[PDB]
Asks: 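Here you can see ambrisentan bound to Endothelin-1 receptor.
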Amino acid sequence: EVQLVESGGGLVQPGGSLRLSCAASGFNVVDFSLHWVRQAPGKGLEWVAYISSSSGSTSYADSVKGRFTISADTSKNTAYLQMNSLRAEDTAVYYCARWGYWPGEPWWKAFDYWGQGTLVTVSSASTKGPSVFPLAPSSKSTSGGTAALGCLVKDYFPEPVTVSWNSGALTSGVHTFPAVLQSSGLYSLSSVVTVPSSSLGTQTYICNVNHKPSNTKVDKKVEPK
Amino acid sequence: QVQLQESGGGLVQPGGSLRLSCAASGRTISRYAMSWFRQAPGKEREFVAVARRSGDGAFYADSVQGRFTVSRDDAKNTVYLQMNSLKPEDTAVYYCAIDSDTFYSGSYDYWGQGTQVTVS
Amino acid sequence: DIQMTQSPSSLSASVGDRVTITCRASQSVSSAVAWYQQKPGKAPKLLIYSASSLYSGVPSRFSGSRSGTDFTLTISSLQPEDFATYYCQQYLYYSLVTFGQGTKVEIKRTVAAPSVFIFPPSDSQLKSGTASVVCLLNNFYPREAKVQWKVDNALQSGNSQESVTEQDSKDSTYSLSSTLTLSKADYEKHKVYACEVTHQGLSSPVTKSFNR
Amino acid sequence: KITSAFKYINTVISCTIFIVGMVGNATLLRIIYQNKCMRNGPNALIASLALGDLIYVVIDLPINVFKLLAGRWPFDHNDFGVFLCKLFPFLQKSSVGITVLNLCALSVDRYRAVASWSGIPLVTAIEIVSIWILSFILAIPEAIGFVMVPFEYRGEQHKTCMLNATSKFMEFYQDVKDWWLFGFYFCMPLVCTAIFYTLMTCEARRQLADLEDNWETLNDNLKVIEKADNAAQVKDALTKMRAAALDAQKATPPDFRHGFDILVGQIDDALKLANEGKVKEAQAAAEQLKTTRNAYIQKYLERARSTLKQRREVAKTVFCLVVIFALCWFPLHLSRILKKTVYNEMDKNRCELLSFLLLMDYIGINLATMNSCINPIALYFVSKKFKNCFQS
Ligand SMILES: COC(c1ccccc1)(c1ccccc1)[C@H](Oc1nc(C)cc(C)n1)C(=O)O
């Protein structure tokens, strides 16, 4: 069947440049046009740019006008999108969709096959090891009941973050949060375990977080306040 | 300042059905959410039922799941509860209340005068 | 140009219900409107085109309808595979294409109050010079809740970042945590920390405080 | 009291009805199957309605006039002679039922055809036969409950056939039948037809309210682009043009579709030229649309409109007959229901009211009978299509 594959994304500094590649397989590019649609993290979908392989006409939206160039090669059956002067807000997931030509039904089907999505992020901070902090509940708070133990993480810069309670031993009824924006770069997130029993056997709580790009595995040993 | 004098019910036999009502004047319910809190003897008002704006649904509590039903009319700013198949444990004093925000966050500054609706 | 507005932003519905979403345009576009379905972390897929037409590979329960400028999507039976984000688009021409804001459909359950289990910052944070007053609300539904930060029995703005999880598969509930990272300079002046909470399921606002 | 001059005028009008209706229905059913062009659904229904009257008149009218002016019913003592009194009411009831149902079917298909905007079919024949059977089935009651009774004029044991109910169902029918007749043969044909007429009148205004708007918006957008200073106005007007073209193409039934596709393609070409900023090229491309507009769209609009002119012409011909039939059958029911509830049981106005009601009923009989021969006249004076066939 018709397949579209996007590649060529990574972290760049503000004001940098990047190039993508949306390859098409199973169909000719000169029979269906190509478009790029961008989705900000947690926001709606918006239109970016468009190229027709046959006529050669290209169009852009006001959000990326003057800094985005879209082209394609029919022999390679691949379209390319080049960004220049990227900004911090520009970070998002980009998709490469297809649309048929006017006379006949294929125009009426709109976007029928999409790509897979390429994530682009713009930042200035450098990779650094995460900092862990115990977040145990007070003795007065929830004395005997469910106690909200926590492991606060800060000052860290991987994308695929793994945080495990009790070094992965504690799994029942855990609550791990998405990373928050924080400030001056980096992010922040925390995990909490109900664990109603206050036994010293389970009072270990060796919460371990990982930073794969920085090769930093940081463990925190909370104290039962 | 939103008066919500709730009339209806008051006493019923086991397995009966009732229909309470609270209404507001000068403060339309068309842009606000109606809540019903039952004051039990010795316990603070517990949530029972809630009705959002028009078309936004109507959530309930596990105490009155299916047993109750809350519907409101915005023309007269009225709202009703239809309790069916009552059990003797329902004897308490019901309150009607109106939220003070448009995003249903947490506002419950107003509170009901209270109408006792016993059973059995 | 040609803005499209989607009526219900969020919609709670259980299995075997009927759901309807409405889109409205600002110009006389013809039947060139389409719908898409997107689960988190995936590229959206097509559902309906030409404002009333089934795309090969979708269940017949999906239906669309056109009436003037308004458009309606209807699902007669809400099977457990219909909990996603639905999107609405108009394609009168190539260059001029706009999307809607999107609608989120979720489950419907009873009401649970946020059982606050507060926890004070550790000593190592203030030893390093930056503590973090953090409060937690656990296992509540529906989503809406309000927390106001208060230090030394006085409200304060700033450093009030918060996050909310997604509906767990255990009992379809939420959870939220609020962080109040602060420097040593102001933390040593601060003595009392109390986070006031309000939920639609909680009649009266409750706060729990810890001293320093 | 009404004189025997009533009997003589009844005889003369019966003879007139015979000599007119026989010929008229003969010519109508001769024309309906003579011409190769007058064969269709509505014409088949009209032919059935017309044939439903010959078998009524040429049999009922002679025995009626004979009995009206003679000693008694013909063939008083005969096995098949008593069958005449069975056959007499059956045929009339079947005729009236056939007429009412055929008018209702005409209203139904007239509303149906207008909605589906752009030689007897199977459906028409099936409906015709079903109506023919249902009329007899519903009218059998009159043929089962008529019997002859004895009487002693000049000392004879002679027979006269009245409504002497025998079975309990017959008594139940006799107790209440006037209301059922009124409702079935005067209400529903005067209720469903009005509703379906209103539905049509509404849609037709709609199926034509739009087309005019689409044509107007194309023309005014052409006028806007012919004087558009900048590319923004060109894009703004071309968007409306494209929306209008796409909307109008759907209304066009399957030549014209190719022209609409060409127009959409040319609008897209103009928009693409305007996007790059070439204002003059966009204006030239818009000006090029004159060739397409006055070659495909004009003829399509002309035929569509004039087609709807004809559709209505038939509708008026069909709906004239309902009014004529209603005006013919109203007076008899009027004198039948005012002598039931406000009847002159003991009212002192019997000197004046009774004679007036008697005369009204005794002329309403003739007016109702006149409906079996007037249809050729109304069709000739109103159809303007059967008129040409009648002239030839
Ligand atoms: C007055 O006699 C009639 C009749 C019918 C059948 C046999 C004998 C006499 C008649 C005869 C001739 C002309 C008009 C009426 C009359 O027919 C009739 N038909 C309809 C549709 C409605 C009503 C109320 N009447 C009747 O049923 O009595």
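Below, read A as the first sequence line, B as the second, and so on, with proteins coming before strands; counting in each chain starts at 1. In each ligand, atom 1 is the first atom listed, and ligand 1 is the first ligand listed.
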Asks: Which other polymer chains sit within a heavy-atom distance below 4.0 Å of ambrisentan?
Replies: D
Asks: Around ambrisentan, which residues have heavy atoms within 4.0 Å?
Replies: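 The binding site of ambrisentan (heavy atoms) is D/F88, D/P89, D/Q92, D/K93, D/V96, D/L181, D/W329, D/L332, D/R336, D/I365, D/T369.
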Asks: Tell me which transmembrane segments of chain D, counted from the N terminus as in UniProt, lie closer than 4.0 Å to ambrisentan in heavy-atom terms.
Replies: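 UniProt transmembrane segments 3, 5, 6, 7 have a non-hydrogen atom under 4.0 Å.
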